[PDB]
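Pictured: AncCR, co-complexed with prednisone.
By convention here, the first residue in the shown sequence is residue 1. Just the heavy atoms: all of them, side chains too, but no hydrogens, waters or symmetry mates, feed the values below. Remember, it's 1-based here, ligands and their atoms both numbered in the order they're listed.
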Amino acid sequence: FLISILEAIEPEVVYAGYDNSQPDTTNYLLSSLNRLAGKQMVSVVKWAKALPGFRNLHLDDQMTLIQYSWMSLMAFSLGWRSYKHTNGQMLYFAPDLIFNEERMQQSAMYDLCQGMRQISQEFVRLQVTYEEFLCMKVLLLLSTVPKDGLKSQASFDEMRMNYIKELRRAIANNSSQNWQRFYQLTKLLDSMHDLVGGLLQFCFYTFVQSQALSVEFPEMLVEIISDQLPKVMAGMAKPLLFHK
Ligand SMILES: C[C@]12C=CC(=O)C=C1CC[C@@H]1[C@@H]2C(=O)C[C@@]2(C)[C@H]1CC[C@]2(O)/C(O)=C/O
């Protein structure tokens, strides 16, 4: 039933509003992706608020969690869309904005694009189910926390365990087989941290020199990155890993 709720609140597809009549310069591609991000952010917040248990957390905890994990959430969903739509061959940012080889090249971030595509390829290798995907996604929202703790730790800890339990539910044949599956899926979750570190680095860099580099960011994103950046730079956040 918790999973049925996840399927119900899963956001609808978000379009980039991209104009293919324009040249695909790095400036336009990145500004276009950031505009898409702003629209996705709206969907993400509405989603977080509908998650059983999220509301129970303090308002500052809800805000902190979203700002620390939005990049992981969007990159993870990107991996899923790319998996279901292109079997991991292209990056399906949006129905109207699919990144092929040419776009990855002109984006100036080919390496990050391949890092994101690798997530999609892991979905392929593991044949991740929609249910596993949904549970894993919630876990990402709950896997980057303040080193000094949350105001609703008890509630947070409770919520996290419930969703981890839900994941094992989605996973469940043989017990050892289920254990192996949990091992593999959580390895994928842990792998998001290093990827996101690279995504955020380029995000903060272009954000800081937005005007100079002509890379536009919507206000929906500017507000969040403005506050998040110093917190991350100061090293206030830590990951909640599943493996050594
Ligand atoms: C959020 C986003 C776009 C929506 C989406 O489905 C997935 C992502 C993940 C990668 C993000 C990307 C954009 O936001 C543009 C970013 C943020 C890129 C990481 C580097 C980036 O290309 C950047 O820094 C351009 O300025």
Specify the chains or ligands that represent prednisone. ligand 1
Per-atom contacts of prednisone with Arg81, taking only distances under 4.0 Å to non-hydrogen atoms: 6 (O)
Enumerate the atoms of prednisone whose separation from the nearest heavy atom of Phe93 is less than 4.0 angstrom. 5 (C), 6 (O), 7 (C)
Which protein heavy atom lies closest to atom 20 (C) of prednisone, and at what distance to 0.1 Å? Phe202 CD2, 3.7 Å
Flag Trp70 as yes when one of its N or O atoms lies below 3.5 Å from any N or O atom of prednisone, and as no otherwise. no
Which organism does the entry credit as the source of chain A? unidentified
Distance to 0.1 Å, residue and atom name: give those for the protein heavy atom nearest to atom 10 (C) of prednisone. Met116 SD, 3.7 Å
Only heavy atoms of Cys203, strictly under 4.0 Å: list the atoms of prednisone that pass. 24 (O)
So is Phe217 close enough to prednisone, meaning a heavy atom under 4.0 angstrom away? yes
Minimum-distance protein heavy atom relative to atom 16 (C) of prednisone: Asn34 OD1, 4.0 Å
Among all the protein's heavy atoms, is there at least one whose distance to atom 2 (C) of prednisone comes out below 4.0 Å? no
Close-contact set for prednisone against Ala37 heavy atoms, below 4.0 Å: 1 (C), 14 (O)
Suppose I only count heavy atoms of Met109 and a 4.0 Å limit; which atoms of prednisone are within that range? 20 (C), 22 (O)
With heavy atoms of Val215 as the reference, note each atom of prednisone found under 4.0 Å away. 26 (O)
To the nearest 0.1 Å, how far is atom 11 (C) of prednisone from its closest protein heavy atom, and which atom is that? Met71 SD, 3.9 Å
